[PDB]
Every structure is written in C-alpha cells, then in structure tokens.
There are 2 protein chains.
Amino acid sequence: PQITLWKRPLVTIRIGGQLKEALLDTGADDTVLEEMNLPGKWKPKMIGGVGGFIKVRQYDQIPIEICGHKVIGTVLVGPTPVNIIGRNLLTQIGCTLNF
Amino acid sequence: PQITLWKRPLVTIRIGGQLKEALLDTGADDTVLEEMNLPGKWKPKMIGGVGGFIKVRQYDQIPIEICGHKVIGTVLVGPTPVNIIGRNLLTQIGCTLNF
Ligand SMILES: CC(C)CN(C[C@@H](O)[C@H](Cc1ccccc1)NC(=O)O[C@H]1CCOC1)S(=O)(=O)c1ccc(N)cc1
Ligand SMILES: CC(C)CN(C[C@@H](O)[C@H](Cc1ccccc1)NC(=O)O[C@H]1CCOC1)S(=O)(=O)c1ccc(N)cc1
C-alpha cells in the first residue's frame with residue numbers, strides 16, 4: 001500500500017492471536033504496544049520520548065501480522081497511550097518513506 | 001528520495017536561520033523542535049507523547065525548509081529530546097509511507 005499522512009497512519013495488526021489497531025511510526029526505534037499479555041520470556045527496558053520515559057517489557061522474536069505482512073521481532077509492552085509499530089518491524093515489511 | 005528505515009530517518013532542516021537535524025516522524029501529529037530563541041508571536045500549549053505532557057510554544061505560519069522542500073506551517077518549540085517533523089509538514093513535502 002501507499003499511505004498518505006493527512007490522517008494518522010493506522011493499520012490493523014494481529015499479535016498473540018488478537019487484532020489491534022496500530023500506528024505506523026517512523027519516529028519509533030522499536031514497536032511498543034499498550035499493556036497486554038503476551039506469552040514468553042521478557043526483560044525490562046526503558047524507552048523515552050516526548051513527555052519523558054516509560055518502563056516496558058521487551059519480548060524478542062514475536063510474530064506480528066501487519067496488514068497481511070508477517071514479521072517476527074521485538075515487541076515492547078507498556079503504558080504507551082497508543083499502539084506503535086516502530087522501525088524494527090517497518091523494515092521487516094519493506095516500508096520506506098518517499099517524497 | 002526513497003528512504004529506508006534501518007536507521008533513524010534524520011534530515012537537515014532550515015528554520016529560523018538555523019540548520020538542524022530532525023527526525024521524519026509519521027507517528028507525530030505535530031512538528032516539535034528543541035528549545036531555541038525563535039522570534040515571532042507564539043501561544044503556550046501542551047502536547048502529549050509516550051511519557052506524558054510537555055509545555056510548548058506554538059508558532060504559526062513559520063517557513064521551514066526540509067531537504068530542499070520549502071514549506072510553511074505550525075512549529076512547536078519545547079523540551080523535546082529530538083527535533084521532530086510531524087505530519088503537518090510531512091504532508092506538505094508530499095511524504096508517503098510505502099510497503
Ligand atoms: C518522540 C519520538 C522520538 C519517539 N516516539 C515516537 C513518536 O512518533 C510519538 C508516538 C506517539 C504518538 C501518540 C502518543 C504517544 C506516542 N509521537 C509523539 O510524541 O507525538 C507528539 C510529538 C509531536 O506530535 C505529538 S515515542 O513514542 O516516544 C517512542 C520512543 C521509543 C520507542 N521505541 C517507541 C516510541
Ligand atoms: C514552563 C516551564 C518550561 C518552566 N518555565 C520556564 C520558562 O523559561 C519557559 C521555558 C520554555 C521555553 C520554550 C518552550 C517551553 C518552555 N519559558 C516559556 O516561554 O515557556 C512557556 C511556553 C509554554 O509554557 C510556558 S517557568 O514556568 O517560567 C518557570 C520559571 C522558573 C521556575 N523556577 C519554574 C518555572
């Protein structure tokens with residue numbers, strides 16, 4: 001697809017068997033999702049942005065389906081106010097910025 | 001250009017007579033720059049990000065040049081950890097996400 005930026009670049013994803021809406025975010029180094037349960041091992045990490053930092057759980061090698069593109073990689077989970085697909089998974093779908 | 005996302009999509013912008021490095025940020029509604037002594041009328045506002053809210057100065061109708069593309073719009077100035085080009089100006093340079 002080609003996604004224009006007049007509106008937020010929201011897409012449907014599936015993770016852990018569940019469908020969610022998420023922002024395609026080129027400003028995010030790594031994918032971070034709103035508080036949820038995910039199976040498997042995780043480790044604590046900090047991420048920072050506008051407003052400061054939050055503590056998250058880092059899960060590695062997690063399958064995610066993004067608009068029918070299957071990726072597998074790092075998913076952070078914590079108190080972000082929005083679900084965010086970051087560069088780590090955008091590269092896996094072959095996403096580029098064009099102008 | 002067609003910009004891959006292996007690394008942060010940093011570009012050079014020209015604003016208020018200064019050359020600055022900024023992040024092309026599809027997850028950002030607004031453009032927010034690190035604190036700087038920009039002349040002009042502004043209004044105080046708050047914006048929210050991952051970690052909470054910050055107070056910013058809102059400057060309207062500011063000329064900005066992004067990768068040779070000359071645009072005009074709202075620029076927020078405040079304690080962001082990185083200069084961010086958000087959708088208000090990404091639409092003006094004709095930027096799209098493609099995968
Ligand atoms: C600030 C950049 C450098 C990093 N953020 C990504 C940005 O797109 C961020 C995404 C977001 C949108 C809406 C609500 C909350 C967050 N938008 C953002 O703050 O919009 C503000 C600034 C202007 O307009 C409004 S991040 O969320 O902090 C972040 C940091 C690290 C990781 N691994 C993942 C996410
Ligand atoms: C608002 C914060 C940054 C604290 N201010 C410091 C001020 O220099 C502040 C710095 C600033 C510059 C540019 C963007 C944002 C903030 N200038 C300012 O123009 O900010 C307006 C814009 C949006 O909201 C308030 S403070 O309240 O004045 C103050 C002063 C002394 C003490 N001890 C405590 C607080």
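The chains referred to below are lettered A, B, ... by the order of the sequence lines, with proteins before strands, and numbering in each begins at 1. Indexing begins at 1, ligand by ligand and atom by atom, following the structure's order.
Found at ligand 1 is the drug amprenavir. Looking only at contacts, the largest set of contacts to amprenavir (ligand 1) comes from what the PDB entry names HIV-1 Protease. Using a 4.0 Å cut-off on heavy atoms, the other chains next to amprenavir (ligand 1) are A, B.
Of all protein heavy atoms, the one lying nearest to atom 26 (S) of amprenavir (ligand 1) is B/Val50 CB, 4.0 Å. By heavy-atom distance, the residue among B/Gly78, B/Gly49, B/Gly27 lying nearest atom 17 (N) of amprenavir (ligand 1) is B/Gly27. The protein atom (non-hydrogen) at minimum distance from atom 35 (C) of amprenavir (ligand 1) is A/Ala28 CB, 3.7 Å.
For atom 32 (C) of amprenavir (ligand 1), the nearest non-hydrogen atom of the protein is A/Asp30 O, 3.7 Å. Contacts with amprenavir (ligand 1) closer than 4.0 Å are made by side-chain heavy atoms of B/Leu23 only, the backbone lying farther away. Nearest protein heavy-atom contact of atom 6 (C) of amprenavir (ligand 1) is A/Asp25 OD2, 3.2 Å.
Source organism (PDB) for chain B: Hiv-1 m:b_arv2/sf2. Measured on heavy atoms with a 4.0 Å cut-off, the binding site of amprenavir (ligand 1) is A/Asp25, A/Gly27, A/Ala28, A/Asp30, A/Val32, A/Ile47, A/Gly48, A/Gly49, A/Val50, A/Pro81, A/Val82, A/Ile84, B/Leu23, B/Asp25, B/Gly27, B/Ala28, B/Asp29, B/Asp30, B/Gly48, B/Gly49, B/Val50, B/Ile84.
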